[PDB]
Visitor: 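Complex under discussion: sulfapyridine bound to Mitogen-activated protein kinase 14.
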Amino acid sequence: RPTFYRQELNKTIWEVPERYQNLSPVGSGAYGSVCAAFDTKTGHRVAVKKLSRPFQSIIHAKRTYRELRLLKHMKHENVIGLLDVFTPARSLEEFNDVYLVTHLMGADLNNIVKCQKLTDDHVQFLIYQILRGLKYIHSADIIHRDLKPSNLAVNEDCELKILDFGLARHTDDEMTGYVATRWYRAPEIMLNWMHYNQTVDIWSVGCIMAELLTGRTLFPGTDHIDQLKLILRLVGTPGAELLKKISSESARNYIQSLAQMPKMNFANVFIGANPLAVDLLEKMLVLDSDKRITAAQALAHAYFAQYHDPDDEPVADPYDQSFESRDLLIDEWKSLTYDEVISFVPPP
Ligand SMILES: Nc1ccc(S(=O)(=O)Nc2ccccn2)cc1
Ligand SMILES: [Cl-]
Ligand SMILES: [Cl-]
Ligand SMILES: [Cl-]
Ligand SMILES: [Cl-]
Ligand SMILES: [Cl-]
Ligand SMILES: [Mg+2]
């Protein structure tokens, strides 16, 4: 067991191993508080996240377990991984606090799309890395559910990592109105049309790739219905085959109230783009999720010919998510989480 020391950073007690030095507040959502630190064992600058109220409800206890299972599993160059997890507790009986440690990320994709000039070669390399990461995540039957520019870390060498997986957090108010939180969402999840699956993440990649090519948001809706009208004007209104797959009768009645529109010419929308980029956007931005290109298929598209290496696009180890259908008490979720903290083995 390492030696721990205590300090107060902005009205919060931090109790951490001596290896972590020079802690400074970086931010705080409703999920926890984050400090930057120097890790003397590895020589990396790190982010240390102290969870808030991890075991306050069954919902919160299961979310804590879900987050630690997911971060312990992810071992890929284009996905955030876990450097360390610790608790100052010496037994299950006094266990209350969970701390997660990752590499400190500088810039997100928003800090390069808004203020930097991008060549086609930059767009090829950035979208290639998102898809390489997604091939890995989807091979474990994990859905990210919240891909958007603020959830993609990028360095000076244009190297990219996916972070901030959807742990089923987002609220109704968070998705309301003129908000980036909704602009990258597939229409079937935005309006609860049907049981969604991993295809929702490829819709989000289409929206991100369009914005790297034009420097503008693709579907900046002022509300859910405004956003749907922007989407259907580009890709066309649904045919009979998709309408059959929408489970809400009321959602089917609403779609049938709209005037029919054909799919637009994407070469006239993405003026001057590489024809191969236009072709790949037509294959991602398909209304029927069954007919969208997959991550594995997209990596073999001619747009990525300069970067594609089928011997360096790995898949994940199998991931058991059977806990998701399990009904447990707060103290049972807390015991499972405690076991996952004490069994953690750091990377080389
Ligand atoms: N996409 C993205 C999000 C957050 C940050 S950070 O500068 O807060 N750095 C962090 C935050 C959490 C974990 C690691 N680094 C940088 C990039
Ligand atoms: Cl230590
Ligand atoms: Cl990482
Ligand atoms: Cl504790
Ligand atoms: Cl964003
Ligand atoms: Cl597993
Ligand atoms: Mg985020």
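Here chain A follows the PDB entry, giving residues 5-352 in order. We count ligands from 1, going down the list as the structure has it; atoms in each ligand are counted the same way. What you see below is based on every heavy atom in this structure, not just the backbone, and it leaves out hydrogens, waters and symmetry mates.
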Visitor: For sulfapyridine, what are all the matching ligand numbers or chain letters?
Guide: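 You'll find it at ligand 1.
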Visitor: Determine, using UniProt domain annotation, which domain of chain A makes most contacts with sulfapyridine.
Guide: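 Mostly the UniProt domain Protein kinase.
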Visitor: Nearest protein heavy atom to atom 16 (C) of sulfapyridine: under 4.0 Å?
Guide: yes
Visitor: In sulfapyridine, which numbered atoms sit nearer than 4.0 Å to a non-hydrogen atom of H107?
Guide: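 Those qualifying, in numeric order: 14 (C), 15 (N).
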Visitor: Name the UniProt active-site residue of chain A nearest to sulfapyridine and give the heavy-atom distance to 1 Å.
Guide: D168, 5 Å
Visitor: Please identify which atoms of sulfapyridine are closer than 4.0 Å to at least one heavy atom of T106.
Guide: 13 (C), 14 (C)
Visitor: For atom 11 (C) of sulfapyridine, decide whether some protein heavy-atom distance is shorter than 4.0 Å.
Guide: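 When distances to the protein are checked, atom 11 (C) of sulfapyridine has no heavy atom within 4.0 Å.
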Visitor: What lies under 4.0 Å from sulfapyridine, among the other ligands and ions?
Guide: none
Visitor: In terms of atom number and element, which parts of sulfapyridine are under 4.0 angstrom from non-hydrogen atoms of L156?
Guide: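 Result: 1 (N).
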Visitor: Give the numbers and elements of all sulfapyridine atoms closer than 4.0 Å to a heavy atom of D112.
Guide: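 Listed by number with element, the hits are 1 (N), 2 (C).
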Visitor: Find all residues with any heavy atom less than 4.0 Å from an atom of sulfapyridine.
Guide: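 Non-hydrogen contacts come from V30, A51, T106, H107, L108, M109, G110, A111, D112, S154, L156, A157, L167.
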